[PDB]
Amino acid sequence: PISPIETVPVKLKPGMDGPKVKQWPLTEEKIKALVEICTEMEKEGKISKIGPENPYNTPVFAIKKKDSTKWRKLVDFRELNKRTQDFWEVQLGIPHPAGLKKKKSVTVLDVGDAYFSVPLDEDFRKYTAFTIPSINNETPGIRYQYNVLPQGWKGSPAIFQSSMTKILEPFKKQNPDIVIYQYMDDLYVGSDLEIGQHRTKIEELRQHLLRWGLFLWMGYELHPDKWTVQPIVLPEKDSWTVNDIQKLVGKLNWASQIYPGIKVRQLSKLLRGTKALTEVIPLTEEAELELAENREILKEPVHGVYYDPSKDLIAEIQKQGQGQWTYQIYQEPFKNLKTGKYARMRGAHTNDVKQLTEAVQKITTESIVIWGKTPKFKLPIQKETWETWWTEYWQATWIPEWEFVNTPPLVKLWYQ
Amino acid sequence: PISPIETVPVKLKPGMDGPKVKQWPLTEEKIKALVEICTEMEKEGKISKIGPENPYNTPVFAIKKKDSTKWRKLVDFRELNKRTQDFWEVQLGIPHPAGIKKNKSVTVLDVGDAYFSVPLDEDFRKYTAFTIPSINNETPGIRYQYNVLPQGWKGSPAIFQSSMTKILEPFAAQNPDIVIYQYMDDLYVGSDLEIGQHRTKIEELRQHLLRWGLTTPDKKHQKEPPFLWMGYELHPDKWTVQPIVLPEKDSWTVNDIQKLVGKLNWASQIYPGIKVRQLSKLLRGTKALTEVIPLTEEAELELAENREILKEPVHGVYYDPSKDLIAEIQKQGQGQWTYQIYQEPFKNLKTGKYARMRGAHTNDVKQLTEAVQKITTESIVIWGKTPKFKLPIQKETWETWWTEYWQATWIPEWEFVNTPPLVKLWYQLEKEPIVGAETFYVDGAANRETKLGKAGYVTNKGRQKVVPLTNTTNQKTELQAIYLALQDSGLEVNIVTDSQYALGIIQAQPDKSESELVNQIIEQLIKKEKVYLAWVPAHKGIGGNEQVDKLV
Ligand SMILES: Cc1cc(/C=C/C#N)cc(C)c1Nc1ccnc(Nc2ccc(C#N)cc2)n1
C-alpha cells in the first residue's frame, strides 16, 4: 500500500482555459463497461460526480488490451495534455536514454495503477472533467472528476516521478547495465540478455513492483537493433526494357534529391527516341558504370541527418497492398531519421483500418523508445472513415496527433 | 419535514464583476403593477428586499401579452448573463424518435412549482438585484434580489435540470421499467405494463418528489398523447414530422427556395425520396434573400416529385432493441444517395439522404463509402449500434476497390442488394505495360502570359500530332495531350506522361468530374480495353519526351 498526503502545486498555462472538448458517441456495450468501471472508481474515490458549475470536459471511451478481452477506460487527455503540460522541470520528462534504443530486447510494462494512490491538486480537479454519454441522449451524461492522478495525463508521470525513482533503486542499483524508461503509464525495460533470461529479470520487476505498491502482468517485446533507415535499392536485371529504364530513371531522379552525386545522364541517353515500352534496351558502358556508381552513393548513409529535441517528428505511412505498409519518421523533408515496413501478422486480414491502426501504434511505440516523444502522423485515410473506426482497434494508453493526406503520393512505389 | 435541494456554487467569469445597468423610467401603472407581482413573489419566497449597499441593479420592464387584463414583469439579465461563468447545459443534442422504445402508457407532470424550490447560490443572489422605480421619483426605488433561479438567467436551466435529475436518479434506479424525460416545466414518464400498475408507480413517484416538498398538479397532465415536440408527432407507437407541406408559388425568392430546402431536408428524416440538389443549384454565393431567382426545369421536375411523395403521410416506428437494425442506401444520382434504416421491411425507424462533398473529383464507390460512414455514426448516436447494410454494389466490385485503392478504407458488415442502378468501377489501369500496344509519349504546355499552348503526342509507330490551343493552362494542355492519345489510339495503348498532376487525377479513378475535359478522358478510358499509364520525370530528356513540340 502507498499514497502521498500532499498534492503537488499544479496549474494550467497562462491565458489558457480548461479543455472544453466535445464527447463523441460511443456504442452501447462500450457505455455499459464504462458505467461499471466508473462505479468502482467512485467507490474508491478515484473520481466523484460534479455539477453544472463545471464547464470543462474531456473525451472518454473504452478499449481492450493486447490479448485480454476486458474493457479498459481510456481517456483522450490530448487537449488537456498540451494546455496542462504547462511545464515540467527536474521532474522533466526524462534525460532520454540514448541507450534504450540499443538493447537487444525491451519490454513494456503497465504501471498506470500506481498513479491512482496519489491525490490531485484540489483546484485542478475541475479540468479533468469527462462525460459518459447517453445512448441517444435520452438521459443526461454521467459527469465525473478526478481526485487521484489521471492515467494518460502527461502530468501524472511527472508528479509521480518522485515516488517512482525509489520503487526502482533496489533493482536499478542491482542491474546497472539495464536501462529503464517511463513514458505515460508505460515503463520501458530493455536488456542485452536471452529472450528467456530476459523474461527473468522482468518477473523480478513485477514481484518487486508488487510489494512497493502495485493488469501488471502485461509486457511487450521489442528489438531496437532491427530499426534503421533502410537502404534505397535499384534492380539487378540482365535484361532492361524501356519501361524498366524509365522507372529506374524515375526513382534515381527522386533519390537524387536526397543524395547529391546521383547522375542519370547516361541512363536515359539510351532512352532517347520514341521506343516502345516493352522493348529491350541493352546497357552501355557509360550506363552500366553510372548505375554502379549510383548504387555506391546509395549504400552509404544520407548526410547531415540530425534530431532536434525541440522540433516535432513527422511520420508518413503508405499502404502498399497485401497488408504491407511503409513508413518514415522525419523532421525535415528528405532527412529520414528512420524508415521501415510493417508486415502481415493476421494473414488475409480484410481490414485496412485495423492494419493502419496497428501500424500507427507500433510506429508510435518505436518513436517513444528512440526519442522519448510520439510523432505527428500523416495518415492515408479520409478523416471521416478514420474517426469512425480507430478507437475500435486502439490499445495504447497514449494517443499521437494526426492529419490526413488525401492526395496520392507518387512516392508509394519508390519506397516500395 | 422536507429535505433540502443542495445549492450549486456559482461565481462570475474570472476578473469580471457585476451589473451596474441603469434603471429606465417606467409608467405609473406598470410600476404599480410590478409592485403587485413583486410583493406576491417575496410572499412566496422567490425574492427579497435589499438595502442601499448592494450596487447591482438590473433593468426591469413590464409587459402584457396581447389584449389582456394582467401584467407580466420582465427582468433583463443580458448584463448578468455575459458575466456569469460557464455551465454544462446537457442539451448538446435532443433525442431522435427513431431511437425511442414504445411506451404502452405515458404520463406527464407539471413541475412549474418545484422549480421554485431550487435555491440560487447564496453568495450569488446579490448579482440578481433590480429596482422598481417608485412613483414620482419622490422615494427610493424598491430593491429586490432572487433566492431562486431567475426565469431568464444563463445558469437557470443548467442548474434546474441538474437538481432534478439528482432527485430522480435514485427512483429511476429502482424503477428500470420506466422512462423520464425532463423537457421544461413538464416531466414526461412512460412505462410498459398494465395501465393499473402504471398509475400506481406514478404515485410511488409523486410521493418521492414530495420528500423535497415538491408539489405537483395531480398528474392531471392537461395534456395527453399526441405530443408535438421539436417538430414531431409522437403517439404510443408511431411518429412523424409535423405536417409542413410544400407551398404553391410562382415567386420563389432566394429565401422561398431556402425555406423549402430545410423543409425537404428536415422532411428527409422520414419521407423516402426527398431530393434538394437542383434546388441547391439555385443558391451558391448569393446573399440578398430577396433576389427572386428562376426555378429551372431541373428543380421543377424535382419539386413536383416532392409534392406527391409528401401527400400520403408516412410514419416511422419505434426502436425495438430485440430485432436486427438494418440500413439500405440507393444511388439517386448527382452525388445523391438516399437511405432507409429499418428493423422490419418497410417499417423505417428513419430515412435519409447524402450530398456529395463538392470535390472536383470523386467516384461512386468513394461516396457509397462516405454515406455508409455518415450513416454509421448517426446510428451509433441514436441506437448505440451499427446497422447491417444492404448496398447496391457487388462484393467483387468493392473488393477490387479497397484492395487497390491507395488509401485505407473499410465498411462494416454488409450485403449486396441488387436494386439498380448498381455502383461500379468504370475502368482499371494496367499494372504493367501492354506488349504490342502502341506507345504514346504525350505532353502539353501553355504560355503563362499569352495563355497559348500546345498539346500533342509522338509514338513508336511514327504517328504524330501537336495541336495549338487558345486560352489554356499548363495543366489543361497536359490533360488534353492525354485526351488526344486516347482518341487516336486502338483498343489497347500505353501512354507516357511527365505530368505529375495529370497522373494524380487518374490515379484516383474518378468516374465523374466538374471539368468536361476530364470527363471525355474518362469516357475515352471506359471505351478502351487495356490502358497503361506511365510517368517519367519532365525535362530530363528521356527517350520519347522529345516533345519540344509543345514549347514551340
Ligand atoms: C424523448 C422523449 C420525449 C417526450 C415528450 C416530448 C414532448 N413534447 C417524452 C418521453 C417519455 C421521451 N423519452 C422516451 C424514452 C423512451 N421511450 C419513450 N417512449 C414514448 C414517448 C412518447 C410517446 C408518445 N406519444 C410514446 C412512447 N420516450
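Note: chain IDs run A, B, ... matching the order in which the sequence lines appear. Here chain A follows the PDB entry, giving residues 1-214, 227-428 in order. Residue numbering in chain B adheres to the PDB entry, whereby the residues present occupy positions 1-552 in order. Note that ligands are numbered from 1 as they come in the structure, with each ligand's atoms numbered from 1 the same way. Method on record in the header is X-ray crystallography, 2.9 Å. Below, all heavy atoms of this structure are taken into account, side chains as well, without hydrogens, waters or symmetry copies.
The chain that ligand 1 touches most here appears in the PDB entry under the name Reverse transcriptase/ribonuclease H. Out of triptolide, roluperidone, rilpivirine, azelastine, pritelivir, what sits at ligand 1 is rilpivirine. The letters of other chains with a heavy atom under 4.0 Å from rilpivirine (ligand 1) are B. Under a 4.0 Å non-hydrogen cut-off, the residues that form the binding site of rilpivirine (ligand 1) are B:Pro95, B:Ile100, B:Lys101, B:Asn103, B:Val179, B:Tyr181, B:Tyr188, B:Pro225, B:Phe227, B:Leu228, B:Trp229, B:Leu234, B:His235, B:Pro236, B:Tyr318. The molecule name assigned to chain A in this entry is p51 RT.
Short version: no covalent link from rilpivirine (ligand 1) to a chain.
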